[PDB]
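Working notes, beginning with the structure itself.
Order of the sequence lines fixes the chain letters, A, B, ..., with proteins taken first and strands second; residue numbering starts at 1 for each chain. Hydrogens, waters and symmetry mates play no part in the numbers below; they use all other heavy atoms, side chains included. This depiction is restricted to one part of the PDB entry, and every contact reported falls within that part. Note: modified residues map to parent or X; extra atoms ignored for contacts.
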Amino acid sequence: XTXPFXX
Amino acid sequence: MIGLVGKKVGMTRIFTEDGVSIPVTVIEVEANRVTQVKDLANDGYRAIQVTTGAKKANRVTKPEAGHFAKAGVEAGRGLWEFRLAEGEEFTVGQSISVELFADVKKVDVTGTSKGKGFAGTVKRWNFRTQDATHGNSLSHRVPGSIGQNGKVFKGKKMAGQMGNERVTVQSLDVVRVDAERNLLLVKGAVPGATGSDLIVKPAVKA
RNA sequence: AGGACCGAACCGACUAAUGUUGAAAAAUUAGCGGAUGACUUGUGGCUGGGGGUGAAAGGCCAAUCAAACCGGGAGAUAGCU
RNA sequence: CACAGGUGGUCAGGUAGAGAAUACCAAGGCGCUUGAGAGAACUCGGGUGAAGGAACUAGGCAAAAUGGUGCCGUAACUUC
RNA sequence: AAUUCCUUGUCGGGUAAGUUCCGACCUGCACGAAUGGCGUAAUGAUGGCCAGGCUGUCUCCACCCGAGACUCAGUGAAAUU
RNA sequence: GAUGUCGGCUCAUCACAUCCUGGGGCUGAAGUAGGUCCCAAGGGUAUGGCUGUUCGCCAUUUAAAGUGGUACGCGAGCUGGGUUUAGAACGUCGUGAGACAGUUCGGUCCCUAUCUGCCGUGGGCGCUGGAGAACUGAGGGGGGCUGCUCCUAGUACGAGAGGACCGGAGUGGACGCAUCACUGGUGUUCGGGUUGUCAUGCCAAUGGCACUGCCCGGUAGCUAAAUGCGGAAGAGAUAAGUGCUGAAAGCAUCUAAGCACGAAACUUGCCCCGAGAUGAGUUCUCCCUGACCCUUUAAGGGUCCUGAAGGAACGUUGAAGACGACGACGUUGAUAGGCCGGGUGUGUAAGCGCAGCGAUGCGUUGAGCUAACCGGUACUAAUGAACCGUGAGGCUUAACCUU
Ligand SMILES: CC1=C\[C@@H](O)C[C@@H](F)Cc2nc(co2)C(=O)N2CCC[C@@H]2C(=O)O[C@H]([C@H](C)COC(=O)Nc2cc3ccccc3cn2)[C@H](C)/C=C/C(=O)NC\C=C\1
């Protein structure tokens, strides 16, 4: 959700 | 022409009158004795098998003894071969001295390189180390990419054994020949460590 | 004198690295900030879910929050897999 | 979890020190419930470095450096 | 311009070279006066830029001390399929 | 019911529509230097400023700073500036919530590699009696870059200015291999200085701890910045291209017959691996020359005797090494350690004495200590044995013995 997995 | 087998004693410096220092590698080329002469009728090629040094009688096996007894020569620490230049002729038991290199003026030395063991890509292939900072995570001295988006080609420069292999350095200058001491001084560094065996042959490049 | 200064305890959490089936379901190490105050902390008490509280971020309300959890309506409905 | 975490209060030695910092010690209590050996790549945590010295890089990230007491001395600007 | 699309605007300064930065010009695509305008000493783990010093950040890595990796004995997982 | 992304870093690989180097044709090619086209992919092919950038501009170099493909190569390899969440403002649109390929500050990149593949390294069996060594080289990799200066020659050329091909020599850059004699780095296993503190009863002398406590030096080893070598010449067959002779076509014509030149490409030449080259090779040497039995009688089975050459294991070990492996040695012995001597490094120990109120200084003294180095030395450990491995090595055919 946060951009790249899992930022 | 044919060469000779010797031992690496070490390196030193030779001083000239004009004020020059020559890095030399001392090589002890003792009397090399022939143990077998090969021809085209029985072997298919012309060559000689020589030995040098000495060995323990209590440690030399009977198969090797019979090979030395047939030539009427004492056992040595090994056996090497050299090809003949279509005009050379030798005989079993003939002892060759370092005087053979009295007028060659250049030789190509061959030896077993020192052993580095398991080496990396920076040491073995001079790869460029990545950034030690700026975010690098466990990838400081790693190779990086090894292919594309599906196999690693053969001969890929990777880590592995480095050294302990046959290496030959070419076009070395002969600085001095002392048959009274069974020595040979060649300008420059040769492969291998002190106490290793060296194969010395005239320079083939010429 | 001081929401004053440097700086331990104490309270915080700016950077980096490590760790990321971790020692740890948010920490460790090296530094960093405040450190008589709008400070911090112990014990107990009050505010209850379209409500509370909020120096406000849609933040917190028992590792869960653009409407907590438990049970029930309930085998909700699902023209979709 | 026999978990590098968290948990309020009281007692507060010696040398150096401004100090409950820090270092080494006392009383006292521990060596952290797998070890032995070898001494490769690579990783982690550190030490040093020829000449050059930010050319690195998104960016001086990180690291290095500065670091105390006393005397002298101290600019622009200023709400003095 | 924390606001400028055109645009790295133009001039100057700084650099051997500066799409950033500083100072002027206004041609303000699309500033503007308490959803405040222009300045402002001081403060800031704030944002951008230039210097001195400093350094393995880099040119280009080299060696060393330790914890793992490696071997032996004991105990003995995991995602996945 | 998931194929993660611009650029950068690292690592690359292929193509040729070739940037440089090489070989040629035409030229409005005098020469120098260029223009265009053909052959050619062997090798080589910038650092920096600004910007997240690729790109681009600029500065300064270079023989040249090539064009493209490889998921606009490469995030189970790194990065996260950009893109691409939640926070917060400016401008702008909207009554507003909020929004904008507009801007601005800030903002978690996980995975212990099963298979394939690749880099390295071993075990097993096989190669037809077994074993110990040296080789042949089928084949496969590595390497293949280039500038400047001088001579040739200020000659050829050219009105001058200016300025060569061919050929030769020397010296460099980049890359690569090896090496540690030199110059140096490292040297927490050497020596010394020194701060605080504790202890060894105390003085003196030492030691522990404080990043090796902080520092100055420094052996061996490793090592580069250090110093030696290397790219080739040559050969064969060729590309574009140039040709000789020569007909079809009475001439002409490089070609159809025939013949000769021709490049960093190609095949060799140099370096390395290499007979698992199951097509398993060659050569030299060494070892074993028993007695029986059973039997669906054969490349048969079993027993007693025998145990070779040689190997393995064990042990001391290595400038060999992750483990295996490889190398050396094992009392008929210098393999390791220790010991002796030397060297090296540190820099004049301790104790005593002397001068000084003392801190200190001087003499004994270039003393003492001294790791991995050098040359020696059986003091210690490397034990005698045992184990594995056998007992003459198939059938057919041919030629020889008995050409
Ligand atoms: C990796 C993956 C699945 C793989 O199996 C398969 C993938 F690899 C395939 C693929 N993906 C992409 C391209 O191809 C891709 O764009 N993304 C993968 C990483 C995140 C990013 C993404 O989606 O980011 C958007 C972001 C707003 C997109 O912004 C746009 O403006 N998108 C856009 C532009 C258009 C333009 C024209 C017409 C239509 C358009 C539609 N959309 C946000 C952050 C979403 C993130 C998310 O869901 N992450 C999960 C990851 C999934």
Pick for chain A: MEDI0382, virginiamycin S1, IRL-1620: virginiamycin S1
Look up in the PDB entry the name of the chain with the most contacts to virginiamycin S1. 23S ribosomal RNA
OK, heavy-atom distances under 4.5 Å: which other chains does that catch around virginiamycin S1? F
Specify the organism recorded in the entry for RNA chain F. Escherichia coli
